[PDB]
Peer 1: 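Looking at a complex of fluorouracil and Uridine phosphorylase here.
Note on naming: letters A, B, ... go to the chains in the order of the sequence lines (proteins, then strands), and numbering restarts at 1 for each one. Hydrogens, waters and symmetry mates play no part in the numbers below; they use all other heavy atoms, side chains included. Per the header: X-ray crystallography, 1.8 Å. Counting starts at 1 for both ligands and their atoms, following the listed order.
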Amino acid sequence: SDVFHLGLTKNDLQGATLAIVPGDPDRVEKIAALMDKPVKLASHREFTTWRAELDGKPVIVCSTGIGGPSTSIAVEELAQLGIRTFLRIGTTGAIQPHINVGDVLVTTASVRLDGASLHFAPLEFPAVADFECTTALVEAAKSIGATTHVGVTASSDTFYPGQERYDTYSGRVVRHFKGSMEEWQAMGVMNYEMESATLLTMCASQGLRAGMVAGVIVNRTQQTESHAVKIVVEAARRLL
Amino acid sequence: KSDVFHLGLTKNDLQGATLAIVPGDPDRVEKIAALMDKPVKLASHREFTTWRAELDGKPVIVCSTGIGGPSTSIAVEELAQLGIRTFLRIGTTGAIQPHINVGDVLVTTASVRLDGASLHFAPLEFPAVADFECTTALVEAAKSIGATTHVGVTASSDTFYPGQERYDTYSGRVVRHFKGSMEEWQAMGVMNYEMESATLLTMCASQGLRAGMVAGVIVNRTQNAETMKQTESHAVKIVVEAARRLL
Amino acid sequence: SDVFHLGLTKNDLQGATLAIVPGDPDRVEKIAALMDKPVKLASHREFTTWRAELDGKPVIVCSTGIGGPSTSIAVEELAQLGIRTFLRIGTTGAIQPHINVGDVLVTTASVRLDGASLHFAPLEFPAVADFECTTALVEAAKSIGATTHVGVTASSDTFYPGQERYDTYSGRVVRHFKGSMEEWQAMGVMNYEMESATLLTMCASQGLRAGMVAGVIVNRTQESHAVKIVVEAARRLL
Amino acid sequence: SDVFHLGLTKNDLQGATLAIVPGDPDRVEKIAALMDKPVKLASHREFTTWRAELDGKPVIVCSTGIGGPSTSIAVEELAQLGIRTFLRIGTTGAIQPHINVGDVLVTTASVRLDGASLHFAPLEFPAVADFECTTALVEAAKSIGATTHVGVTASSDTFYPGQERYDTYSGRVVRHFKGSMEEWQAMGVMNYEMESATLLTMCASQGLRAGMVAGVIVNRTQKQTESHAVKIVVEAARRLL
Amino acid sequence: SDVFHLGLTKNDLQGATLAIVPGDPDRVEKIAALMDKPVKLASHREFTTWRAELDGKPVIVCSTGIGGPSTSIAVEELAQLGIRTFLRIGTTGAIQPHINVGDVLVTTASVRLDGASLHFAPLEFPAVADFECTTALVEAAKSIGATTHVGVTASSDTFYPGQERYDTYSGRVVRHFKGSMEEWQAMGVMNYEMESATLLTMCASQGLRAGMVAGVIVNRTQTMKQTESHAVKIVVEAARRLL
Amino acid sequence: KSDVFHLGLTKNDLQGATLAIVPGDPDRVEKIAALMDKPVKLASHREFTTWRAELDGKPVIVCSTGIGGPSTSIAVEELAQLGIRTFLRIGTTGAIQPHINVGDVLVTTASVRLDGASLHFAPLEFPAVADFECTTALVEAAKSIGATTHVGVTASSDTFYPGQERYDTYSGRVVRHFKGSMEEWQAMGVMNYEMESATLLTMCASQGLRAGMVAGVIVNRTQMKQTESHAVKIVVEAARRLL
Ligand SMILES: O=c1[nH]cc(F)c(=O)[nH]1
Ligand SMILES: O=c1[nH]cc(F)c(=O)[nH]1
Ligand SMILES: O=c1[nH]cc(F)c(=O)[nH]1
Ligand SMILES: O=c1[nH]cc(F)c(=O)[nH]1
Ligand SMILES: O=c1[nH]cc(F)c(=O)[nH]1
Ligand SMILES: O=c1[nH]cc(F)c(=O)[nH]1
Ligand SMILES: OC[C@H]1OC=C(O)[C@@H]1O
Ligand SMILES: OC[C@H]1OC=C(O)[C@@H]1O
Ligand SMILES: OC[C@H]1OC=C(O)[C@@H]1O
Ligand SMILES: OC[C@H]1OC=C(O)[C@@H]1O
Ligand SMILES: OC[C@H]1OC=C(O)[C@@H]1O
Ligand SMILES: OC[C@H]1OC=C(O)[C@@H]1O
């Protein structure tokens, strides 16, 4: 391995410069199977990596695991191996009543409720997505006629208190996060997830292109995975 | 007289307008409105000069913000009260990347929040991000007139001098927090410095208002008073063209 | 001109070292008229500059516009041109019940609810007024017999949510500022305005003298006068 | 399942109240193998769970994945299912010259260079290990005669800039982290790893017991002994039943 | 004197490397009196110092006064004079219902509600007690059979608003501290006192060993002389085990 | 036996005093009181020594705060409960400007808040500003005795050592946050370092109490009994003007 965690060398990538990065290791082969000549390259910890061919060009699919820290490792090591464009495809809970389960969300920038982003840029730096990547994702979405919303996402280091869930062992939330969901809702934030603040900040601050799409699996105020996967693959096609 | 405390405007004055172009300089307001049909001066108090005009048969506002987040926040708030829902900022900027030339046009996707006013609308972790439709329109508009365009992140400072790490000043020094900061933003790919976008983008993105940001490069902090006029005009045509796409 | 924004040269100031700095560019000529030999020097953006004379000495009057950011430009550029003493004269909203519209407020120091002050000194540094400047303002106010209150001011980068106004487009205020007015009230803070934290910090941290006086125009519970005091204080500071 | 991620029911644990929590899903079976009647319960995302038996008492082995966020999910959901004691066994880079590759480190408390801990307690709250767990880990280490150091650990949300590595794509480190390693060294900090701040803070602030032990696999100033750290954590678990 | 505040020379310590550090200058003699050959060395400001002998070895007793700032001077200056181990013995208010007046609390680590700790290490660094010291205190407590609790302590730069007391001149508490006591209670914090965050941080970040024990003199949800005596016996016995 | 928890004073003991001079050092209390009429010791507990005396026929209090914001905050709170409304701190300080000489007296208009206790009264953005009348009284008093006097900003630290960027210590290092800090304060015109004013000024200005601050310079970082006496004469004269 050329890198500490992924168990990959630059030769393994066959010159690929674009990666699709789902959170779940099990989703990797599913994404790769939509493309040509899919092959498994490696699997270590939460990092499962497949290579495939899109319009004759090699593309990588690599899982990040849950959270900014594991995401930061995958992105950095892929960047060392030559990846320059990163498309995250995820699952999220919507926090707006007009967003329905099954819809797709394209993130322009994220509320940084994570710690890893701070390791790349101070808090005042925006966790903003690459304009070309966002454009490609929005177009891909419309391309298959998915119901699409574009806007801000809250990206949390936690699934529970950081997303103001009380269905927990302790049944309480630290002061800092009390009333936070209502605040983000009032500010128009679409959804919660757990990797975008780290991904977008680390790429935007290092000259790497990143974009973010997710299928809504729940709505906190009130099939889809395959929809979102089709979209991220089609967006990749436009960025090759 | 007015339905708002600072701008001296009534809702009837806007005649149903829902989009506003907001330059920083009061003197650029007439310049912008003239590019459009039926310009008429509405009001002028403090740093806020407001003209109405017409675009493809649609009423549009041009209103100056003055320098800085705090005067910007007043203008944006009061226009929103009067019914404005889309704000397009047209400004001047100092570039900090060598590959960016005077005369180029910058479209901001999002801003580093080196301001105080953004914090009155959202905590620091919230991104000072531009609306996607507005940014798209600005980028499409710049390509329409064939300007040299860069799209990316801008640092938005509450100060012209120490916050942009200028040392050619009365004290000649910069507080610890900002020492070495220009080099940091440069390394992080930041295109330029200006003084209003963090406030504008944060206050709009957190209140359901659409906002975009374009600026003409008038200096490069790594590398003509006449060019400053040509660049301005280049940037002005772009924001008007973008406006037409957002009606 | 010797400076980027103000459109002034050092010779323009004619040796002046004291400036009176209103927020409103429209108030400049008004203030300068109270003194001798008033003449317009320049007007660009929110920056209108007149020169005048007080007891035979040249003095500047220059608008800052609204907010710390434009204030920081004006002060820096005036300092480059030789100004050493800055007297702000402003308008304010009182937040104590006992303070009446028409009263005059002299600021000893400000709560830093601004961004620009941080570009000169970290938050722990006090946005404190110069002692001589404050003295002259308080004596001038007792001189003409205005009802004066002396104390701490909250200086905000916003007119609306940072002063906890709810009469707005959104009708809401970000968590950080909910209940803030009541908090400043309990701490004995007199008023809100929008430039003093930046002015006082930038001057106190660079060896410049600054003072701050304002006229109450609203009471969050319930000009010619303030201007008169600021002019008389200037005389005492020449 | 009774929980959103781990795919486990309370019945699956069979009354277990203690869990050993490695970072790596592939280490789970190895740990369970040291005990009696090991059986695999589930595997979803980076969460692999086995159950085994220690002195005839049921115990859980469940991987956290890398980082505070996935750790926070594992700990929370395990707590919902009845777990009250958590013992992390990890790998680490030592940052003191006197500490040798292969040594075992027991963490009394962590420097909080993570984000998830803040979702449980404000920064001023200490990321401190439970006294009984720490005592059990030290005694176990003593028991098997391993070279052991006891002290403070730096727990980072990143492997790279948060541990002030410059051998990277960008080759630079954000201002906040420049000179940080030398600072922790001067302050006697033993090592870096990536989950303890979240684990210790979330447990200490919710009445759950947690301890942390790790095998040194690199020395930033300078055979993995994973198996060495593993025997100690199992022996410590025995003392905590 | 070899130091700026304590009025002590290295020779005064007679080779001592352990100090017991009460907050109250008046408690110093009481503690020393439990030991052999107690002798008064100096008294300046809030810093009263005695020397004594514990199992034949010289030990120091030195008051810190109230608060991290004076504590930081005493610990620094004692370190210059050769002290490497610091055991604080204090008085505290319990904030858990199950903890009674007269109980003894041993602190594993502290919530840093102080300013002085920040002068030694950034806030993310834990105000954690030395493991050997904590162990000695817990074993000493069991030895004399006191009702003992072991855990986290909130260490505040104020006695009043920082401990959310409203029985005060102003009757109010600044926003940051409103609702704070209930938050610490929910997080299992045992008690409030005013010196441990500074002590534990400054020691843990400089290779010095520190421990912290206190007697409960009030319960904030629900004798003082006796309590003081119990805690003093424990800190002395712990010191014996750390020689 | 006491109306307050730490000071050991009842309100009747104050005999209607509404002003207190508050030195840091308990041992300076009697000295200050001896400048006035009918001085009597009231109490001594911990670092809090209190005397009462008479100035121009009016009762006045002298009460030591100990070193640091935390003990200061206790003294001020409990004195305020006892009826004190005006507080004049008299301290010793290290100058950090070349033009300020040893023996000079400094009047503080406001302080840099390098402390923790001030945060327990007001958030950091609130100014640790002195009362205008007290400052005026101190400046006039200083002119009255013809001391060499400077008026300005003071840096108020929770530590004597790393917070004042001293390297003459056991560990010989300073945490990143304070590296290069002294040069920065100097550049900003800060006059001096001491350890109680940020807490005193903040807690007073935010609770309707009057506070002023004067100190004698006993060291200059860039370049003591008599100096003490000079500042003491000034604080007593300022007190006369504030009765
Ligand atoms: O981070 C999240 N992922 C998926 C969800 F459904 C959710 O609510 N939060
Ligand atoms: O804020 C700025 N506006 C314009 C400039 F040229 C510049 O450098 N900075
Ligand atoms: O900044 C302000 N100026 C004037 C006012 F009346 C007010 O309330 N706030
Ligand atoms: O987090 C870490 N784990 C393992 C290492 F070797 C290291 O350096 N850092
Ligand atoms: O700091 C404290 N010491 C003693 C107490 F009783 C208390 O409540 N708080
Ligand atoms: O806090 C201080 N008091 C006295 C001094 F001389 C000094 O330098 N610092
Ligand atoms: O279930 C939690 C996961 O879904 C969304 C994310 O971002 C998390 O990884
Ligand atoms: O000259 C400063 C102005 O130019 C750019 C900005 O943003 C400021 O308004
Ligand atoms: O209305 C806003 C103006 O009034 C008071 C201030 O300080 C602002 O400049
Ligand atoms: O390789 C990174 C892993 O090692 C130590 C940790 O804490 C991480 O999980
Ligand atoms: O009463 C105040 C004292 O008690 C506990 C502490 O830590 C203080 O020194
Ligand atoms: O020696 C320390 C003392 O001097 C100045 C202060 O404020 C401290 O109390």
Peer 1: Which parts of the structure correspond to fluorouracil, copies included?
Peer 2: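 At ligands 1, 2, 3, 4, 5 and 6.
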Peer 1: Within the structure, which other chains come under 4.0 Å from fluorouracil (ligand 1) at some heavy atom?
Peer 2: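 Going by heavy atoms, that would be A.
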Peer 1: What residues sit within 4.0 Å of fluorouracil (ligand 1), counting only heavy atoms?
Peer 2: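 Using heavy atoms under 4.0 Å, it comprises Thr91(A), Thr92(A), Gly93(A), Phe159(A), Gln163(A), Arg165(A), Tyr192(A), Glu193(A), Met194(A), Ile217(A), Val218(A).
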Peer 1: Of all the atoms in fluorouracil (ligand 1), which lie at a distance below 4.0 Å from a heavy atom belonging to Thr91(A)?
Peer 2: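 The atoms of fluorouracil (ligand 1) under 4.0 Å from a heavy atom of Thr91(A) are 3 (N), 4 (C).
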Peer 1: Give the atom numbers and elements of fluorouracil (ligand 1) that come within less than 4.0 Å of a heavy atom of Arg165(A).
Peer 2: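 What qualifies from fluorouracil (ligand 1) is 7 (C), 8 (O), 9 (N).
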Peer 1: Looking at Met194(A), which atoms of fluorouracil (ligand 1) are within less than 4.0 Å of one of its heavy atoms?
Peer 2: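 So the answer, numbered in order with elements, is 1 (O).
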Peer 1: List every atom of fluorouracil (ligand 1) that sits less than 4.0 Å from any heavy atom of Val218(A), numbering the atoms from 1 in the order shown and giving each element.
Peer 2: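 Here the atoms of fluorouracil (ligand 1) in question are 6 (F), 8 (O).
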Peer 1: Please report which non-hydrogen protein atom sits nearest to atom 7 (C) of fluorouracil (ligand 1), along with the residue it belongs to and the distance in Å to one decimal place.
Peer 2: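 Result: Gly93(A) N, 3.4 Å.
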Peer 1: Any idea which atoms of fluorouracil (ligand 1) are less than 4.0 Å away from a heavy-atom of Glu193(A)?
Peer 2: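 Answer for fluorouracil (ligand 1): 1 (O).
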Peer 1: Mark up the atoms of fluorouracil (ligand 1) that fall under 4.0 Å of a heavy atom belonging to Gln163(A), in ascending order.
Peer 2: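 Here the atoms of fluorouracil (ligand 1) in question are 1 (O), 2 (C), 7 (C), 8 (O), 9 (N).
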Peer 1: Please could you name the atoms of fluorouracil (ligand 1) that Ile217(A) approaches to less than 4.0 Å, counting only its heavy atoms?
Peer 2: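 Checking each atom against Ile217(A), I get 4 (C), 6 (F).
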Peer 1: Any other ligands or ions closer than 4.0 Å to fluorouracil (ligand 1)?
Peer 2: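 Closer than 4.0 Å to fluorouracil (ligand 1) are ligand 7 (1,4-anhydro-D-erythro-pent-1-enitol).
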Peer 1: With heavy atoms of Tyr192(A) as the reference, note each atom of fluorouracil (ligand 1) found under 4.0 Å away.
Peer 2: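 Those atoms are 1 (O), 2 (C), 9 (N).
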